[PDB]
Structures are given as structure tokens and as C-alpha cells.
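Throughout, chain A uses the PDB entry numbering, with the displayed residues spanning 19-123 in order. Atoms within a ligand are numbered from 1 in the order they appear, just like the ligands themselves. Every heavy atom of this structure was used, including side-chain atoms; hydrogens, water molecules and symmetry mates were not. The way this entry was determined, per its header, is X-ray crystallography, 1.9 Å.
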Amino acid sequence: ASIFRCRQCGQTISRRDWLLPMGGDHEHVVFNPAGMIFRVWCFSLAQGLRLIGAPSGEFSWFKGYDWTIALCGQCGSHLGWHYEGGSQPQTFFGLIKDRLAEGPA
Ligand SMILES: Nc1cccc2c1CN([C@H]1CCC(=O)NC1=O)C2=O
Ligand SMILES: [Zn+2]
């Protein structure tokens, strides 16, 4: 249980060692304007994504960060968001926990 892969195709995405306690917890539960609930795990680092378009501050769940949609680079599954433009850290990833599969290295 040390590597996280995309659930739909297996693409390598992150590691348990890279989880990031933002404001006290790596886990944050949030809703978007369409009412969807997301269990977001915060990671300092991720790979194998494709970040779409340019950042937006609108509706941001994390104060002072702007977001871009992060898709699985391989299969295009929406995996979460990349956050940037803030402070300590300047950037991180918010990944949707049930879209990942956890497993050995
Ligand atoms: N405006 C809009 C319309 C439909 C879906 C969604 C949004 C904005 N958003 C997310 C983007 C990431 C964030 O930090 N907060 C959100 O709310 C969505 O998942
Ligand atoms: Zn995938």
C-alpha cells in the first residue's frame, strides 16, 4: 500500500509518502457549485497527470490558491486539481481519493 495509481487504467500518480497535511489533515471534504461531494487527499507531489488550461481562483476550496483541472495523463479520468499561486507551499495537488487505487511499489 505505498503507491497510488489511477483506478481506471493504472497510471502511476502518487505515493503515500507524499501526502500533505494542509491545515491539519491530508483529507478535506468539499462540494462544488454542482453539489458534488469530493473526499480530497492533499499531496505535495504527483505525476502522470495532465493539467488542463490555465489557473482560476474562482470557487477555490483552499484560501490563496488557484486551481487547474488535473486529468489522468493516460486515460483522461478526472483525478482532482493542481493548486498554485499560494504560500507554504506555493503549489500542491488535491486528488479525489476514490479515483485512485493504492498498492505496493
Ligand atoms: N465552477 C464549477 C462548475 C462545475 C464544477 C466545478 C466548478 C468549480 N469546481 C472546483 C474546482 C476546484 C475547487 O477548488 N473548487 C471547486 O469548486 C468544480 O468541481
Ligand atoms: Zn487513468
**Asked** Which compound from S-lenalidomide, 6-thioguanine, AR-42, 5-fluorocytosine, AZD4635 occupies the position given as ligand 1?
**Response** S-lenalidomide
Q) Quick check: main partner chain of S-lenalidomide (ligand 1) by heavy-atom contacts, named as in the PDB entry? A) cereblon isoform 4
Exercise. Enumerate the residues contacting S-lenalidomide (ligand 1) with a heavy-atom distance under 4.0 Å.
Key: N50, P51, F77, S78, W79, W85, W99, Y101
Is there a protein heavy atom at a distance of less than 4.0 Å from atom 4 (C) of S-lenalidomide (ligand 1)? no
Nearest protein heavy atom with distance in Å, relative to atom 7 (C) of S-lenalidomide (ligand 1)
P51 CD, 3.8 Å
* To do: Examine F77 against S-lenalidomide (ligand 1) and note whether any of their N/O atoms are separated by less than 3.5 Å.
  => yes
*Which of the numbered atoms in S-lenalidomide (ligand 1) are below 4.0 angstrom from a heavy atom of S78?*
14 (O)
Q. Is there a nitrogen or oxygen of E76 sitting under 3.5 Å from a nitrogen or oxygen of S-lenalidomide (ligand 1)?
A. no
(request) Note the single closest protein heavy atom to atom 9 (N) of S-lenalidomide (ligand 1), along with its residue, its atom name and the distance in Å. (result) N50 CB, 3.8 Å
task = Among all protein heavy atoms, pick the one closest to atom 10 (C) of S-lenalidomide (ligand 1) and tell me residue, atom and distance.
result = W79 CH2, 3.7 Å
Has S-lenalidomide (ligand 1) got any nitrogen or oxygen that is less than 3.5 angstrom from a nitrogen or oxygen of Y101? yes
